[PDB]
Every structure is written in C-alpha cells, then in structure tokens.
Amino acid sequence: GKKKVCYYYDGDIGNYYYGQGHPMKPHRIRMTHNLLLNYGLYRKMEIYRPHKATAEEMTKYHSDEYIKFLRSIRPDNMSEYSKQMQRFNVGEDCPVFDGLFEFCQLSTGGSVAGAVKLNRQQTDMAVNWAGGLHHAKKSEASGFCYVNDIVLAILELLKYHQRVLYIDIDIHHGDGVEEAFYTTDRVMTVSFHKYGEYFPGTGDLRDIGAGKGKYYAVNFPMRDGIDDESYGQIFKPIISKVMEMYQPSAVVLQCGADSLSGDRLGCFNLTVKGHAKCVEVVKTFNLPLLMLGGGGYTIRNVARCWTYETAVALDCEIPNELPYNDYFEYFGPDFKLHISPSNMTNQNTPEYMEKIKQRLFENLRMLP
Ligand SMILES: O=C(CCCCCCC(=O)Nc1ccccc1)NO
Ligand SMILES: [Ca+2]
Ligand code: NA
Ligand SMILES: [Zn+2]
C-alpha cells in the first residue's frame, strides 16, 4: 500500500561551504527541499528537523581521537594541526571549512533519527538527503565524507534487526560501509559502481567479505556510460535474489545522484527515471527503508533526482513541468523535472552485464 514517510532536513544545511572550486555543494540539499516544497510534497509527509548528533553518537563507530579532532579543527587553528590533518585525511578532498563539525552533526542526526523512527515502527520510510556519506572510515575522512552517517544508522537498526541490507547506487563504491561490516553476516552490503582507475579504487566483484562476512559483500563493477536499460537489466534481478537469499528485516538505500547523465564528476548515463526505478524496486519489498543522499555534482540534476525519489517514496505522481521555486533559473533551458540521456557510448555491453550478474548469482547461492 502507500507508506508513511518521515523526512529530515535542517534549513541551515545549504549554508555549509566546502570552499572555492570544491564540487561538493550542500546548497543542492536546500534546492531539493525548496523544489519538493513547491511540488506540495510536504502535504503528504512528516518533516522533521534532525538533532545535531553528539560525540557519544558518532563514537558508536568512529574513534574518540578522530571525533575530538573534527570537534576541534577550524580554518583559524588549521596551521597548528598540520600533522593531525594528514593523519585523518583532512585537507584536499575533505577540507576544513567553517561549521564542518556542525555539518557532520546534521548529516548524521538525520540518518540516526530516521533509523530510530523505523525501529520504533513509527514510519515505513525515513528520508535524509543530507546523509549517505559512504566513504568515511573509523578514523579517517575520505571522498568529501567525514562522519559515516550510514554506518551509524545501520548500527542503530541492528539494535532491533538481526539482518540489515545496504544498497548503494552512487557512482562510487560504498567502501566505508562495506569496510565497517566486512566481517559480519548481520549486514549485507551491495554496491553498483564505476570501477577501473576511479575513486576510491575498491569494489572489485572478487571482494566478497571475510570470516563470518564471506558472501555478505556484493560488488557490481561497471564501465563508463551505463544507461537506464542496462541498469534496469541487472538491478531488479540482483536485489530480488539478495532479498530471497538474505531475508533482511530493514533496508538502507544510498541514492547518490552522481550516477546520473551529465554529472560533473560522474561518467554514467542514467536519467532520473532510471535512477528512481531503483527506489521503486526496493519499495516493493515492503521493508522498513532508510533512503539517503550521497554524491551528485550537477546540482540542478541532484535536486530533480531527490525531489522525484521523494515523490516515488510517497507514491505521489508529480508533473514534469517544474513548479516555480527559489532556484527556478538553475533548471533552464527546459524547466522540466526529467532529464535526457547523453549520446555517450555505453561501455557496458549487454554480455558484460549478464556475465557479472551470473557471477554474483553464484556467490549468492553460497548463502545458508
Ligand atoms: O561522490 C563521491 C566522492 C568523489 C570524490 C572524488 C575525489 C577526487 C576529486 O575529484 N577531488 C576534488 C576535486 C576538485 C576539488 C577538490 C577535490 N563519493 O560517492
Ligand atoms: Ca555505489
Ligand atoms: Na557484511
Ligand atoms: Zn559518488
């Protein structure tokens, strides 16, 4: 049936600035919010302002030393932390910016609050577009991510759920999440990503987990230019097999929008409909679902993607003609919600797609 959706957003989020030339723009979360408000989606869901996650919350995963450094580091005292910055990988991809810790606290707070809401059985779905920062490690920032809100949200879910399924549709491999749960069968991690001389360099299909976690990490490595047809060819069959074999009681879906056509950093060719079909596929399983953000660098397309995926979560049809909004000029020259794929070559042949799927199916046969 139609589901109860709780959505997390803090109006301050859009003001956090990574710095001149940095592609990660928290402003895209505000654009997403303003667009979905203008479509009238607030009438169908509960809108919550997340709390600022504390150090006690963050240290359920991250080390005390790393969190203390994030809590202390500022552009004014940077010069006194040169060594600490190199140790925790802060300074280039993961810059020090005003309000960095507070940005982490709000990104994390939405994911953790959403997980609590699902655990209490007070919502069917929880949405946190400021979350999904999949690369952060126990004691290290990485790929524009500092605090792993996903790992913290899954640890919250594990209090009430024996098995939690994690699915990652961002163009980049969900390394941080896969790493945290690599040796456990209590979380199965499933990542679809561009692989081969691409950030972060991990997610080979041969990386399948270790110890009790062997066969509980799934990687689908892809080439440049994947399209809606090819993605759709494998996503439903793989998720269906995962659901059948793994039988999770809760799901976390990372919806990184950098897998869309025309992304500033991405090299895929999905449309918003192709991306959102993933949400529709996961939705059909009727399991408690936490939907998260992630990458996404062509901000107009990020706002379109996450607005449509919120409408999909709500089973609410919305017009293709964009309503007026505070960022209306960003959506030109068309002013439409949906996007067209580019003429880029799809390097993922149908044979390649079927072969990787068959290899992953062999691995899934190894589950109890
Ligand atoms: O989307 C991501 C993170 C991608 C991180 C890519 C790191 C390399 C990079 O492009 N860094 C960079 C570029 C311009 C300015 C500063 C850093 N994960 O899902
Ligand atoms: Ca991914
Ligand atoms: Na695992
Ligand atoms: Zn990404």
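The numbers used for chain A are those of the PDB entry, and the residues that appear cover 12-379, in sequence. Atoms within a ligand are numbered from 1 in the order they appear, just like the ligands themselves. Structure method, as recorded: X-ray crystallography, 1.9 Å. As a basis for the values below, the full set of heavy atoms in this structure was taken, side chains included, without hydrogen atoms, waters or symmetry mates.
The chain forming the most contacts with ligand 1 in this entry appears in UniProt as Histone deacetylase 2. The drug at ligand 1 is vorinostat. Comparing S153, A268, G30, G154 against atom 3 (C) of vorinostat, the shortest heavy-atom distance belongs to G154. The entry gives the source of chain A as Homo sapiens.
The nearest protein atom to atom 17 (C) of vorinostat, hydrogens excluded, is given as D104 OD1, 3.3 Å; this is a heavy-atom distance. Other ligands and ions less than 4.0 Å away from vorinostat are, by number and name, ligand 4 (zinc ion).
Interface atoms of vorinostat facing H145, defined by a heavy-atom separation under 4.0 Å, are 18 (N), 19 (O). Rounded to 1 Å, the minimal heavy-atom contact between vorinostat and the UniProt active-site residues of chain A is with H146, 3 Å. Residues of chain A that UniProt annotates as binding Ca(2+) and that have a non-hydrogen atom under 4.0 Å from vorinostat: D181, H183. Near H183, meaning under 4.0 Å from any of its heavy atoms, are these atoms of vorinostat: 1 (O), 2 (C), 4 (C), 18 (N), 19 (O). Contact atoms of vorinostat toward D269: 1 (O), 2 (C), 19 (O) (distance under 4.0 Å to a heavy atom of the residue). Remark: vorinostat and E103 share no N or O pair separated by less than 3.5 Å (distance only, no angle test). Among protein heavy atoms, atom 1 (O) of vorinostat sits closest to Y308 OH, 2.6 Å. Checked against a 3.5 angstrom limit, the closest N/O atoms of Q265 and vorinostat fall outside it. Of the residues that UniProt lists as binding Zn(2+) in chain A, those with a heavy atom under 4.0 Å from vorinostat are: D181, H183, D269. The shortest heavy-atom distance from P34 to vorinostat is under 4.0 Å.
Residues contacting vorinostat within 4.0 Å (heavy-atom distance) are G32, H33, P34, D104, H145, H146, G154, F155, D181, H183, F210, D269, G306, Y308.
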So what's vorinostat close to, N/O to N/O, under 3.5 Å?
{"from": "vorinostat", "atom 1": "1 (O)", "to": "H183", "atom 2": "ND1", "distance (Å)": "3.0"}
{"from": "vorinostat", "atom 1": "1 (O)", "to": "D269", "atom 2": "OD2", "distance (Å)": "2.9"}
{"from": "vorinostat", "atom 1": "1 (O)", "to": "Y308", "atom 2": "OH", "distance (Å)": "2.6"}
{"from": "vorinostat", "atom 1": "11 (N)", "to": "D104", "atom 2": "OD1", "distance (Å)": "2.8"}
{"from": "vorinostat", "atom 1": "18 (N)", "to": "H145", "atom 2": "NE2", "distance (Å)": "3.3"}
{"from": "vorinostat", "atom 1": "18 (N)", "to": "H146", "atom 2": "NE2", "distance (Å)": "2.6"}
{"from": "vorinostat", "atom 1": "18 (N)", "to": "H183", "atom 2": "ND1", "distance (Å)": "3.2"}
{"from": "vorinostat", "atom 1": "19 (O)", "to": "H145", "atom 2": "NE2", "distance (Å)": "2.6"}
{"from": "vorinostat", "atom 1": "19 (O)", "to": "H146", "atom 2": "NE2", "distance (Å)": "3.3"}
{"from": "vorinostat", "atom 1": "19 (O)", "to": "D181", "atom 2": "OD1", "distance (Å)": "2.7"}
{"from": "vorinostat", "atom 1": "19 (O)", "to": "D181", "atom 2": "OD2", "distance (Å)": "3.0"}
{"from": "vorinostat", "atom 1": "19 (O)", "to": "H183", "atom 2": "ND1", "distance (Å)": "3.2"}

